S.K.: 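Here's one more: a structure with lexibulin in it.
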Amino acid sequence: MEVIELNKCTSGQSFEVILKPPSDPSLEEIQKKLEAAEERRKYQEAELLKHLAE
Amino acid sequence: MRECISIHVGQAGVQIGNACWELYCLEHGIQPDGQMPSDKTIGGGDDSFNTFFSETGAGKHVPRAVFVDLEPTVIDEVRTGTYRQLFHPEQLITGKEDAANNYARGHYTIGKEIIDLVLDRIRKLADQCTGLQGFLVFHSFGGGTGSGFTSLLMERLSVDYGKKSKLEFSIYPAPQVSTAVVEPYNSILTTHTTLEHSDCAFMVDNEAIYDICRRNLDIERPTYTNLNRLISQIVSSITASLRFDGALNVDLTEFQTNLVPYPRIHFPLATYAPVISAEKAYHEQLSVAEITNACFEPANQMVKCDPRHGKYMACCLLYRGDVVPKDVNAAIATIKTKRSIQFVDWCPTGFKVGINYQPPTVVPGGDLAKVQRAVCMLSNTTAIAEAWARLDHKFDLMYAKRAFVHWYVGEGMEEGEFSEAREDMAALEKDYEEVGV
Amino acid sequence: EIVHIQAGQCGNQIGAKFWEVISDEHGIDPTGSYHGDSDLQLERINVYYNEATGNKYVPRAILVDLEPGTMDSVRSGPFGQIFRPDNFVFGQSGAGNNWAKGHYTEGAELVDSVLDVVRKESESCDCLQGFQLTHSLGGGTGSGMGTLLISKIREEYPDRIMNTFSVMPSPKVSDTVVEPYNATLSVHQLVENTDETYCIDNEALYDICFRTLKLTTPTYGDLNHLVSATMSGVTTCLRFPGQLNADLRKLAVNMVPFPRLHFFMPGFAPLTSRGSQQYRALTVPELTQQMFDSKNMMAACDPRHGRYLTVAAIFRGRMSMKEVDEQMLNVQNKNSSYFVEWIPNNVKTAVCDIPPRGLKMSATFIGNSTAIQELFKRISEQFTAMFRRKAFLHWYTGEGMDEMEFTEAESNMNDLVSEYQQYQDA
Amino acid sequence: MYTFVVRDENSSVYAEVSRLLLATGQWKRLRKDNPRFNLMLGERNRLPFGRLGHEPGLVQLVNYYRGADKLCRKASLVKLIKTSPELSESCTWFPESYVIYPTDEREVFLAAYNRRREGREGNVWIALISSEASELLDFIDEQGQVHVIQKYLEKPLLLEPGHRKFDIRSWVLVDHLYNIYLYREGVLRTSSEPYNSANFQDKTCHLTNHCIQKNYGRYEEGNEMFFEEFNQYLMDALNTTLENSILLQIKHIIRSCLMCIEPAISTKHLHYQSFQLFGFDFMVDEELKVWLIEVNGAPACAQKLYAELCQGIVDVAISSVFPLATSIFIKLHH
Ligand SMILES: CCC[C@H](Nc1nc(-c2ccc(NC(=O)NCC)c(OC)c2)ncc1C)c1cccnc1
Ligand SMILES: Nc1nc2c(ncn2[C@@H]2O[C@H](COP(=O)(O)OP(=O)(O)OP(=O)(O)O)[C@@H](O)[C@H]2O)c(=O)[nH]1
Ligand SMILES: Nc1ncnc2c1ncn2[C@@H]1O[C@H](COP(=O)(O)OP(=O)(O)CP(=O)(O)O)[C@@H](O)[C@H]1O
Ligand SMILES: Nc1nc2c(ncn2[C@@H]2O[C@H](COP(=O)(O)OP(=O)(O)O)[C@@H](O)[C@H]2O)c(=O)[nH]1
Ligand SMILES: [Ca+2]
Ligand SMILES: [Mg+2]
Ligand SMILES: [Mg+2]
């Protein structure tokens with residue numbers, strides 16, 4: 001029904017039609033998560049080479 | 001004018017990115033060698049198209065884009081592509097071995113050894129910006145790179161560029177074209193880690209695009225080339241306001257304001273029409289009423305769901321071609337009395353309309369026919385939660401047996417992150433429920 | 001790149017046969033020179049071949065044995081000249097079908113020499129992805145030394161993929177009575193140090209040659225025709241470009257939900273005998289029906305006695321990918337009970353335009369079924385029958401082994417059996 | 001060979017359907033959580049509609065219409081009829097009703113209660129049945145859940161011999177094409193005890209539920225009069241037929257209700273399909289004017305009619321979608 005905020009230009013035009021009214025982590029933490037995962041990888045790899053050593 | 005940087009991650013992001021930039025060049029009249037005959041301001045300027053392009057003294061118009069993949073296969077086809085001259089080496093980043101469809105491998109393992117390089121190449125573009133508003137990130141949910149590395153990148157960008165907005169164009173996984181089995185894991189994981197860092201994300205279910213290519217283009221077996229061309233058209237409709245003169249969605253912040261009242265619920269449903277085959281000889285051109293009515297057919301949505309059994313929080317209509325406000329309001333009035341369009345009580349039942357007189361451009365030799373008028377509806381409906389429900393169910397079936405979990409644990413990730421991610425998704429489904437019913 | 005290894009009599013004979021088949025597909029002659037018509041044959045030839053000075057491609061293969069007998073037959077074989085001469089690493093004593101000799105004494109004396117060739121090949125790779133081994137588990141060298149190599153390759157390359165094409169022993173096709181011992185000791189190693197093990201059962205190969213191919217008395221040659229055809233089949237996606245952006249690691253990830261359960265059932269269709277050209281091409285429904293049939297399984301196990309964890313299917317030749325998609329979706333929907341429901345969409349399919357030599361179109365099957373336990377149970381019963389009386393055990397204790405290590409191998413394999421049974425009722 | 005799943009064990013209707021399907025030798029039953037099905041006989045609560053129609057190479061069908069609950073809930077039905085212009089506040093065949101919440105349109109209800117009292121006419125209502133508004137509002141607040149207040153038809157048509165009250169149950173089947181099929185065999189769930197006009201406390205002759213009644217089995221077997229008998233009674237006693245005097249109004253009400261919600265539940269262009277069996281409860285007054293009481297989304301059939309109806313569902317709703325290698329329904333055309 002009600003058309004509002006009609007704006008026109010050479011490229012086109014835009015508007016709004018209303019039918020009815022209503023009724024973060026830091027760089028420190030990130031580098032810590034990534035390195036904590038790297039240690040867990042290094043531990044698993046160490047256990048393998050330890051197992052293979054046996 | 002304020003610049004926008006596009007980021008393409010993984011196979012899906014890169015190939016889709018190529019389709020988009022190919023389409024952008026055709027729309028703005030930019031040639032493969034970067035030259036733009038219509039641009040009379042040689043060496044620079046601050047027109048609307050400069051949001052996505054920067055200019056050299058030689059008059060070349062280069063995309064403000066960065067391609068990144070942990071494997072050189074796909075990006076190499078960009079280096080040797082028809083638009084090879086368009087970009088320059090520093091924009092194209094490639095690794096040695098991929099993430100093997102593993103989120104943890106793309107996030108923690110391989111993600112850590114290249115994240116600094118990418119941010120550096122991104123920072124190079126950011127320095128060429130007088131006023132950067134944010135980023136457009138293209139990636140898949142299924143891929144290890146698209147899921148894993150993107151979430152890591154989104155985290156750092158929120159740190160390195162706090163005041164900047166960040167939009168997503170995500171490919172929701174579909175078994176019909178996917179070749180991996182652990183994509184539900186990667187999807188839940190990347191969504192969980194990315195949620196707080198993304199302001200607005202447009203999901204595109206390959207299932208929907210796949211069937212649209214079968215149903216409306218009569219392609220028996222759609223390839224990624226078929227899907228990406230059609231996807232790029234939708235993306236173009238969404239980003240047209242950033243690349244052309246207008247007053248609706250002229251900056252990234254306005255996407256949040258117009259489509260996203262609640263931060264966490266930032267997944268607008270896209271619906272596009274008309275999709276006509278190019279090899280279709282006789283085609284009766286569709287009117288404003290017909291294409292606008294097609295925006296409420298589930299068979300035209302980027303994600304298959306039922307908006308009737310949900311609630312709207314916002315709705316934008318983006319037309320391209322021969323369209324005028326009078327015909328739109330007449331079409332809206334008819335559709336309103338014939339369809340179930342329930343808005344939330346704390347939102348006005350209305351439509352923010354945007355029109356661009358230039359009809360939608362199609363790539364020569366493509367599958368799409370040139371139409372007199374097209375439309376893309378961006379509606380934030382709770383009905384899109386059905387996609388989360390489908391995905392979380394697949395996740396639960398696999399995680400109940402801890403299947404494939406050892407692959408993620410073996411990359412340094414803790415098994416607790418699976419459940420913590422699943423819990424966040426459980427909270428998300430609840431948020432949709434509260435608003436929806 | 002992939003580094004190929006072949007150990008023992010069986011390993012070298014299927015290995016040589018494998019290189020013979022794919023060399024023809026890639027257009028490579030015994031001389032080593034390329035002579036084809038399609039660039040598709042060379043787009044991914046680097047995976048298995050090193051490019052030498054001139055226009056000649058050399059297999060990235062390493063031929064191992066404790067006896068010069070078989071390796072001399074290879075070098076004098078059809079494509080005997082193609083192999084790099086330095087990659088011929090052989091002892092003189094032999095292994096006498098003794099796992100102990102191959103793994104601890106005779107083979108340990110030679111294993112270091114082999115690794116030197118592996119390292120020299122690896123250092124030539126731009127980006128080594130993994131390894132593959134061809135061998136039997138019933139003998140001594142391929143079984144004993146083969147698993148020794150795997151263990152040491154993992155120590156030096158702990159982040160690379162390790163695949164194996166393991167030939168399983170069978171009383172129907174048997175050289176010695178101690179084959180169940182060698183196999184049981186070998187499986188113990190394969191469960192730990194391999195990402196993929198393609199279980200190739202001589203019982204199945206024999207029955208296929210006899211019941212289906214109607215060969216009254218099959219030789220090892222008839223058996224190897226099936227192995228080479230299957231191996232060319234599974235490696236198709238790696239050796240030719242297609243829609244599937246193939247990658248060694250990705251297959252291992254998507255096929256193996258649990259690390260120990262990585263023993264696959266190979267399959268092939270249509271089944272063909274040596275030289276016998278059959279002129280009727282199979283329809284897509286026929287390819288799909290046969291490749292899933294138990295008669296076409298290279299592992300003597302009834303898939304109906306178990307459930308599929310994951311399945312990989314690769315069709316070759318010019319055909320409607322739509323028709324393939326329909327027939328594959330048909331099999332699943334018709335027999336959805338034989339697929340676990342806790343892995344959604346666990347059947348993936350691909351299509352290569354290039355067919356194998358002699359056939360207009362074919363289909364290769366790789367199934368991770370819980371029915372594979374029947375194979376391990378079979379070896380276990382043969383093992384126990386002798387071990388309860390400690391029979392033929394002096395051949396091993398003489399090489400320094402103890403009865404405990406046999407009890408451990410028996411136990412670990414029984415754990416693998418019960419582990420496969422755990423998911424058959426899930 | 002089609003496949004289906006059962007997720008509602010308490011369904012007497014679809015227990016027969018599953019039995020019938022398996023007996024054709026062309027339908028196989030899968031496990032509950034097996035997603036590779038063609039037909040889903042789903043649960044009554046929390047039916048996952050969002051997971052339907054996403055299985056490639058499988059035409060999927062469910063025995064429930066999503067959103068049809070708006071018709072099959074007493075609180076929802078009143079809102080549906082009142083707000084829908086197709087039915088309107090001035091609906092002739094639906095009793096005057098209002099939505100009441102425990103401590104809304106309570107003030108609106110009292111407005112009508114005054115006209116009934118200050119007009120000296122029938123002012124009896126139902127949730128318990130009472131003529132005093134105070135006795136009702138206190139009862140709703142003491143229960144806990146939401147309740148609907150509705151006008152009580154003080155002048156019902158009474159069967160003779162016996163002077164008995166009754167209600168009519170019609171079974172309606174809406175297939176995937178939204179063809180509204182009315183099962184020709186309905187049933188009168190009668191009262192065995194004579195209708196007492198004065199005492200509303202005795203709810204044994206006011207409420208005609210098959211459970212409450214079970215003078216049970218005096219006039220007819222199981223307090224269930226089928227159409228052939230009731231039709232004969234109308235011809236002998238009132239000189240008319242069931243078709244004209246009542247069934248025309250029934251077919252009108254059924255068709256009107258489903259035409260209203262059609263655009264809200266239709267699966268015409270959806271990725272999955274839906275059908276559903278409804279149970280319409282009617283009430284006839286002494287002037288042979290039909291009133292709608294409610295609608296049931298998960299109705300139970302009559303023992304005599306299970307064999308015929310359940311077979312019917314297979315024919316038009318299931319086999320129509322999944323074919324195999326005179327009609328009992330009346331098609332209400334629209
Ligand atoms: C459940 C199987 C999923 C599997 N997916 C992949 N498979 C592969 C792949 C890689 C190598 C091979 N070939 C091999 O021989 N691999 C072991 C040496 C392959 O054959 C099955 C598939 N690469 C990437 C993906 C994603 C797949 C997909 C399609 C067809 N076959 C396998
Ligand atoms: N629409 C569309 N989807 C794609 C395309 N490429 C890949 N996908 C989807 O992406 C999912 C897998 O992610 P990929 O992008 O292929 O993998 P990745 O991002 O490179 O990460 P890696 O696992 O390391 O290779 C699959 O489910 C595909 O369906 C594409 O070009 N278009
Ligand atoms: N407005 C009214 N006037 C007179 N009698 C009424 C009435 N509303 C209901 N009744 C009688 O009271 C009973 C109320 O039953 P109602 O249909 O409300 O409960 P119900 O939901 O258990 C039916 P079903 O068990 O088949 O779903 C009806 O059987 C009818 O016999
Ligand atoms: N298919 C096939 N199997 C073989 C061949 N040679 C040996 N085998 C199998 O391998 C086992 C004997 O092992 P062998 O090859 O002698 O091991 P080696 O000591 O390492 O040479 C037996 O169980 C055979 O079934 C062959 O040429 N083809
Ligand atoms: Ca300019
Ligand atoms: Mg990739
Ligand atoms: Mg031998």
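Convention: sequence-line order gives letters A, B, ...; per-chain numbering from 1. Start at 1 and go down the list; that is how both ligands and their atoms are numbered. Computation of the quantities below employed the complete heavy-atom set of this structure, encompassing side-chain atoms and omitting hydrogens, waters and symmetry-equivalent molecules. Structure determined by X-ray crystallography, 2.5 Å. Partial entry; contacts are within-part only.
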S.K.: Point out every copy of lexibulin in the model.
M.R.: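 It maps to ligand 1.
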S.K.: Out of curiosity, which chain makes more contacts with lexibulin than the others? Name from the PDB entry, please.
M.R.: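 With more contacts than any other chain, that's Uncharacterized protein.
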S.K.: What are the letters of the other chains with a heavy atom below 4.0 Å from lexibulin?
M.R.: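 Counting heavy atoms only, the chains are B, C.
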S.K.: Please list the nearest protein heavy atom to atom 10 (C) of lexibulin with its residue and the distance rounded to 0.1 Å.
M.R.: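 For atom 10 (C) of lexibulin, the nearest protein heavy atom comes out as C:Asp247 O, 3.3 Å.
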S.K.: Heavy-atom distances under 4.0 Å decide this one: backbone, side chain, both or neither, for C:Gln132 against lexibulin?
M.R.: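 Under 4.0 Å from lexibulin, C:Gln132 contributes no heavy atoms.
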S.K.: Write down the PDB name of chain B.
M.R.: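 The entry lists it as Tubulin alpha-1B chain.
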S.K.: What is the source organism the PDB records for chain C?
M.R.: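 The entry lists the organism as Sus scrofa.
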S.K.: Enumerate the atoms of lexibulin whose separation from the nearest heavy atom of C:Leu238 is less than 4.0 angstrom.
M.R.: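 So the atoms of lexibulin that pass are 11 (C), 12 (C), 13 (N), 14 (C), 15 (O), 16 (N), 18 (C).
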S.K.: Looking only at protein heavy atoms, which one is nearest to atom 3 (C) of lexibulin, and how far off is it?
M.R.: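 For atom 3 (C) of lexibulin, the nearest protein heavy atom is B:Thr179 O, 3.3 Å.
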S.K.: Looking only at protein heavy atoms, which one is nearest to atom 7 (N) of lexibulin, and what is the separation?
M.R.: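 Its nearest protein heavy-atom neighbour is C:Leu251 CD1, 3.9 Å.
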S.K.: For lexibulin, which atoms have a heavy atom of C:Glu196 less than 4.0 angstrom away?
M.R.: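 It comes down to these atoms of lexibulin: 17 (C).
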S.K.: Geometry only, no angles: is C:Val234 polar-contacting lexibulin at N/O separations under 3.5 Å?
M.R.: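 Yes: some nitrogen or oxygen of C:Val234 is under 3.5 Å from one in lexibulin.
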S.K.: Which lexibulin atoms, with their elements, are less than 4.0 angstrom from a heavy-atom of C:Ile314?
M.R.: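 Every atom of lexibulin under 4.0 Å from some heavy atom of C:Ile314: 20 (O), 21 (C).
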S.K.: Show the atoms of lexibulin that are less than 4.0 angstrom away from any heavy atom in C:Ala246.
M.R.: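 Under 4.0 Å from C:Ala246, lexibulin has these atoms: 10 (C), 23 (N).
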S.K.: Quick one: look at C:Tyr198 and lexibulin, take heavy-atom pairs under 4.0 Å, and tell me if it's side chain, backbone, both or neither.
M.R.: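 Contact part for C:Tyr198 vs lexibulin: side chain (C-beta onward).
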S.K.: Counting from 1, what lexibulin atoms have a heavy atom of C:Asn163 closer than 4.0 Å?
M.R.: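 Listed by number with element: 17 (C), 18 (C).
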S.K.: Does lexibulin have any N/O atom under 3.5 Å from a protein N/O, and what are those pairs and their distances?
M.R.:
unit_1, atom_1, unit_2, atom_2, d
lexibulin, 5 (N), B:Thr179, O, 3.2
lexibulin, 13 (N), C:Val234, O, 2.8
lexibulin, 15 (O), C:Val234, O, 2.9
lexibulin, 20 (O), C:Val234, O, 3.3
lexibulin, 23 (N), C:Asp247, N, 3.1
lexibulin, 23 (N), C:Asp247, O, 3.4

